[PDB]
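Presented below is an entry in which one can find bosutinib.
In the text below, chain A, chain B and the rest are named by the order of the sequence lines, each starting its count at 1. Atoms within a ligand are numbered from 1 in the order they appear, just like the ligands themselves. Atom set for the values below is all heavy atoms of this structure, side chains included, hydrogens, waters and symmetry mates excluded. Determination method: X-ray crystallography, 3.6 Å. As a textbook-style caveat: the illustration shows part of the entry, and contacts are counted within that part alone.
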Amino acid sequence: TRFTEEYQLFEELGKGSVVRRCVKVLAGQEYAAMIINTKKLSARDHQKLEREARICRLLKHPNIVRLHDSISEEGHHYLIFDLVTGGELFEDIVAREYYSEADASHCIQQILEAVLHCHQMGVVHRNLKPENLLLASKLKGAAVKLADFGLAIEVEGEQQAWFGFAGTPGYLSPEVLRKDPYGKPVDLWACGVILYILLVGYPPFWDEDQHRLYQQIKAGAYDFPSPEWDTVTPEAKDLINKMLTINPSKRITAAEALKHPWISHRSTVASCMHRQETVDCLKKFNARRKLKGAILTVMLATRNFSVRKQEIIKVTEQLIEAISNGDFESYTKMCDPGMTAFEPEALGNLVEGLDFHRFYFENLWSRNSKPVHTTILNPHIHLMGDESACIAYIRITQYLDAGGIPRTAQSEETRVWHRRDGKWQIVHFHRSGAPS
Amino acid sequence: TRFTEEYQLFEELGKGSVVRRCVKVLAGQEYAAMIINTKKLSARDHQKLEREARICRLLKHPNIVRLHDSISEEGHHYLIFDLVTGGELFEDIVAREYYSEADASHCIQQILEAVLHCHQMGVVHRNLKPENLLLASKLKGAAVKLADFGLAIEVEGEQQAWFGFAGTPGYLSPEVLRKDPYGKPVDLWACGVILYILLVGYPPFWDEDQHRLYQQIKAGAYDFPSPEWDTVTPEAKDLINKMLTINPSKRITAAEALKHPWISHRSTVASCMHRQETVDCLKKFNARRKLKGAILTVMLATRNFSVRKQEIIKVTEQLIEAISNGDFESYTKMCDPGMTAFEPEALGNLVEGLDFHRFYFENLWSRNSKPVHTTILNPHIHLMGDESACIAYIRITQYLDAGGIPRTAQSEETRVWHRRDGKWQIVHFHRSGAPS
Amino acid sequence: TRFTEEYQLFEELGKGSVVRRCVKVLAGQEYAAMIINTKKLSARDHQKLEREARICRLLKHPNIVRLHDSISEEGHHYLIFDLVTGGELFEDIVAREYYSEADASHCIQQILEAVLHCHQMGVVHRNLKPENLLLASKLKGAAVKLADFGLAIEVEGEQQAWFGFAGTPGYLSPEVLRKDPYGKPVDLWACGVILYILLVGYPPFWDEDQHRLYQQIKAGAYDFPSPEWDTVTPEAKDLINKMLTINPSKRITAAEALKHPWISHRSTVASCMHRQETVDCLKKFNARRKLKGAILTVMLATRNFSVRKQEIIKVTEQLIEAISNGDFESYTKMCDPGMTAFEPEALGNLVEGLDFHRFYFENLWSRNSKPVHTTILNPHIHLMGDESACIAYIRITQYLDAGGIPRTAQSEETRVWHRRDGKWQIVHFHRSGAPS
Ligand SMILES: COc1cc(Nc2c(C#N)cnc3cc(OCCCN4CCN(C)CC4)c(OC)cc23)c(Cl)cc1Cl
Ligand SMILES: COc1cc(Nc2c(C#N)cnc3cc(OCCCN4CCN(C)CC4)c(OC)cc23)c(Cl)cc1Cl
Ligand SMILES: COc1cc(Nc2c(C#N)cnc3cc(OCCCN4CCN(C)CC4)c(OC)cc23)c(Cl)cc1Cl
């Protein structure tokens with residue numbers, strides 16, 4: 001209601017809801033607005049709204065984006081925190097021509113600065129990860145700023161509890177994997193998995209079997225493989241052992257991690273040799289996680305297959321995301337203007353793609369009411385030569401019906417992909433079972 | 001509400017909603033009113049309403065119709081931009097007795113004038129085409145005016161993006177066919193396909209297989225076939241190569257196209273020889289596109305068949321348009337006063353046409369609520385002698401039901417045509433499947 | 001019953017039922033056995049059985065395969081006419097290094113010899129065509145032998161009647177296309193379309209629109225296009241005009257065509273110049289008709305598309321033929337050992353191909369009872385690069401159910417093709433609608 005009058009809207013920043021830059025007309029200043037559609041998840045979402053908004057009203061640190069107001073309109077809600085254009089940090093670093101232990105200590109310092117602040121404020125972030133770490137501006141000396149989300153929480157003093165199972169498999173502490181009570185410490189363990197990538201540019205734990213990754217993360221199995229770690233100050237490796245401590249009660253606090261300066265004093269005393277190889281690996285990992293970290297709705301069994309399969313999965317995925325969100329612009333991009341469907345709504349007929357579907361993204365399901373969580377089971381992929389491929393899978397869809405009751409629906413889908421002009425395009429689409 | 005009191009309504013101008021001339025009573029002046037029925041497409045439409053209305057509030061150019069207000073009434077909405085009676089341009093030109101390079105340069109100049117204005121205003125038209133090009137009046141020296149629609153958009157400065165797949169197959173730039181980000185340039189490419197028709201009176205690209213037309217349009221395959229292009233100044237051909245540039249970043253801007261005057265200076269320096277043959281071809285093409293450009297809901301496979309088939313398709317089409325719109329006047333015109341149906345609503349009986357159907361165009365589906373997108377598959381046509389013919393097809397119909405949920409329905413239809421008095425008339429009609 | 005004891009069976013010759021070589025044990029001699037499965041078409045078939053068997057008991061010509069007996073066993077019937085291994089004639093001719101008017105006259109002579117015999121016997125073949133023309137042996141001086149089928153008939157003396165619409169579109173006389181009574185003449189007209197190919201190596205009539213081909217065939221529109229016909233004796237061209245006569249009553253009889261020897265006397269007097277170009281065209285046409293003449297169950301609209309489409313249609317076709325016949329050997333050849341289905345019998349699951357289907361070709365529908373005529377409508381094909389492709393179509397299937405009543409069933413199918421090792425292979429298969 002009120003954000004309609006005072007503010008003007010401009011380009012999108014990110015998506016998930018949509019982030020967009022705006023500027024206040026009345027006292028002219030830029031901000032960034034979270035547009036949270038009135039369709040979230042009934043209750044579990046609204047709860048996380050007010051939590052995120054409250055936490056951010058409380059968190060005012062020079063290294064953390066601070067909110068301004070949160071306005072509720074008719075078909076939307078708006079959250080206006082502080083704006084930025086900096087790119088990601090793990091993205092800026094690779095662009096650096098001199099990366100040293102001393103640039104990494106400059107990072108973990110600002111990081112631990114945002115963290116300590118809030119840990120003093122009786123709040124734990126729980127989701128700490130490269131994605132969540134960003135750069136104020138691209139302008140020189142821009143600050144690292146912690147990204148407040150959203151699996152976040154308010155602890156009582158130092159009291160440890162069970163706040164439920166949240167965060168990213170690689171960024172998860174053992175106390176949380178053991179299903180034991182936790183607290184501020186589960187944040188320190190992230191930093192430790194973060195520092196380790198902030199040096200050698202690969203993660204301390206990982207496995208394709210996530211059951212195994214977790215075992216490592218519960219067993220504290222990491223090591224400093226030579227040669228790359230040989231050029232690393234033993235102080236660096238010391239902090240890393242203090243954060244990466246299995247027992248949270250023995251785990252170095254955030255306050256303690258600032259005082260011990262393999263960062264502040266190795267800024268004063270550590271190795272600056274530009275490690276170009278680390279930086280490269282880093283960049284590679286980043287691209288991978290961007291494409292691989294695509295979605296947590298993927299169920300199947302493989303063993304390290306052709307990255308071109310992992311790419312064609314990511315695509316199938318990007319398409320189904322457009323479908324649910326009501327995003328038509330993106331739907332036409334990924335589909336051949338000559339695409340042919342076979343679908344239950346077709347009533348048994350074959351169709352030309354760019355005629356039939358318009359209706360649905362127009363007024364059907366496009367941004368209707370409730371989230372329908374989509375599950376994709378046992379996909380299977382055929383690769384025929386360099387430019388073509390086809391993918392067969394079962395999509396199970398959890399939605400709220402008119403009554404408001406939830407239902408499930410399962411449809412068999414085949415999709416057929418042709419790469420023309422470096423871009424994959426959908427050509428045939430074949431859907432079995434019910435209408436989505 | 002307010003357009004009811006101030007304005008008086010008169011004859012229709014065009015249709016799609018309906019354009020109509022009116023005059024403001026209070027300060028007496030003529031305008032042209034878009035009557036957009038409250039049934040549009042739920043959301044996707046309303047979005048394009050406010051976009052079109054906003055863009056036109058912003059676009060004030062001497063060569064572009066300017067809006068005045070946009071009024072919302074109960075069962076209708078009204079958009080009042082500037083009025084005209086000029087006929088189409090590609091229509092006026094053929095009527096000209098002297099057409100030269102210098103009349104064509106006089107056109108592309110005014111054109112590029114409307115375009116440049118808006119390109120400066122951070123807006124791209126995306127649909128540029130003869131239809132969209134009109135003449136203020138039939139009065140001497142009347143101005144060309146760009147027709148603002150509606151696949152239109154607001155770019156940020158010069159930033160290129162993916163705005164989704166829109167426009168007419170012949171008028172589509174390659175950057176859009178390649179599914180790459182685009183911007184203002186996709187407008188310049190249209191002008192180039194426009195100039196080329198504005199000289200020789202046939203288009204640079206075309207094929208019946210639209211997959212092929214697009215390949216040409218992606219490959220920039222056009223050439224200047226002799227003799228007709230032999231009498232054309234090499235400056236003319238120069239601009240044409242600058243607009244028709246495949247790479248948008250290398251593509252001549254609109255600002256650049258005005259300064260280079262194969263138009264302004266060839267107005268001063270170019271060929272005036274009245275090319276009568278070009279003008280004729282032009283006129284022919286026009287009629288064809290008017291009849292052929294009928295609708296984008298046609299699916300089938302043919303090879304350049306008797307134009308009398310292409311005419312009898314256009315008709316079947318004109319009829320089904322009347323049906324959906326609720327247009328009865330037009331329905332009686334195309335139907336024999338002695339027409340006989342066989343239809344599901346007939347409950348198994350044969351009927352006399354002008355009794356039964358009245359009910360439906362009276363209160364049934366006539367202008368009910370929501371758009372039902374009609375698809376016509378694999379039509380098949382029998383031609384028996386000069387005056388008769390019959391057409392068999394499957395019509396699939398996408399609508400919103402009472403619940404508001406979308407459904408599909410497929411009906412088999414046969415229609416039988418008799419030409420009496422130069423006009424085709426429906427005589428028998430046979431519908432299978434469900435009631436529409 | 002009796003063919004079980006006396007005869008031994010060996011390799012297949014052809015298929016349609018199956019032809020196979022055998023040898024009589026008791027008086028040792030080779031023959032060729034038609035194995036007509038007890039599933040034919042109820043009555044319409046059994047009628048053509050006894051007709052074919054009767055006609056062949058009657059037709060004993062040195063140039064026509066003569067039957068010996070026709071034995072009825074439990075689950076099969078056997079027809080034993082005379083055996084051959086000669087290859088096809090239009091196939092042998094191309095292999096010839098000297099082809100002249102005099103070799104062609106040597107052919108049409110033997111041909112007219114088999115024809116005249118039977119025309120004297122009150123029987124008309126009605127299906128005359130390259131396929132039906134074969135070579136006794138590959139041994140020197142092997143004889144041309146007419147292949148007795150099967151759209152055949154017994155006329156009374158010279159009385160003309162309506163024997164119904166049969167034969168091949170190109171090989172059809174006008175009196176039959178006009179739907180007028182006919183007789184022996186409809187055989188002479190074939191020879192005339194045959195001679196014409198027996199010289200220049202392309203047919204007199206043809207069009208892709210079969211409505212048009214028939215118009216030519218009803219209008220007698222053929223001409224002798226220069227240069228290739230320039231080197232042809234005017235006698236040759238004379239016979240051709242006598243056979244290719246529109247009015248059957250004016251049409252040269254078979255008896256008359258033997259006496260006029262542009263064949264026997266031009267054997268004595270005509271052009272022998274080896275026409276290598278004609279022979280080449282011939283061979284090409286042959287391959288085309290073999291692949292194109294595949295089946296008469298194909299419905300759609302195209303215009304002369306990439307021969308690689310015409311090839312991938314022929315394949316889809318070859319596969320569906322294997323399915324219906326119960327031919328598993330052929331089914332595994334055309335299918336990837338890693339093929340994945342999605343099918344109604346799958347009960348909503350994705351399967352590995354070479355596990356699931358065995359059951360069906362084992363005891364399900366494999367050679368069950370009755371013919372199920374398969375119709376394939378509006379196929380549509382996507383070509384992605386050289387090695388891959390996918391085809392979407394609606395297959396309608398006319399069968400006899402348990403009751404013996406006929407039913408129809410329509411299924412939507414997508415098939416996906418990968419060429420590996422010069423051979424196309426099926427990889428994914430997706431079937432919608434009911435179980436076949
Ligand atoms: C709920 O909070 C979240 C918000 C955000 N999103 C952003 C916020 C906030 N908030 C603030 N500022 C951002 C600035 C951005 O940079 C501009 C990028 C345009 N460039 C144009 C030129 N080309 C060459 C490069 C790209 C940006 O995009 C990367 C995202 C931003 C995210 Cl990503 C996640 C969560 Cl969880
Ligand atoms: C959404 O905007 C659009 C609006 C319009 N429509 C028009 C606007 C507007 N706006 C303004 N002025 C028009 C003047 C016209 O000329 C009068 C024709 C009557 N003549 C009577 C005498 N006889 C011999 C010849 C015909 C006219 O009809 C051809 C259409 C007009 C269109 Cl076509 C498309 C879009 Cl997308
Ligand atoms: C209902 O009557 C019909 C019967 C037949 N079928 C045949 C009859 C009969 N009858 C007699 N003799 C045949 C001899 C054949 O040649 C042997 C080919 C094996 N070669 C092995 C070596 N490699 C290199 C080449 C192939 C043959 O196959 C082409 C088919 C034959 C037909 Cl095609 C159609 C109808 Cl309508």
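The macromolecule with the greatest number of heavy-atom pairs within 4.5 Å of bosutinib (ligand 1) is, in UniProt, named Calcium/calmodulin-dependent protein kinase type II subunit alpha.
Other chains reaching under 4.0 Å from bosutinib (ligand 1) with at least one heavy atom: A. Per UniProt, the domain of chain A home to most contacts with bosutinib (ligand 1) is Protein kinase.
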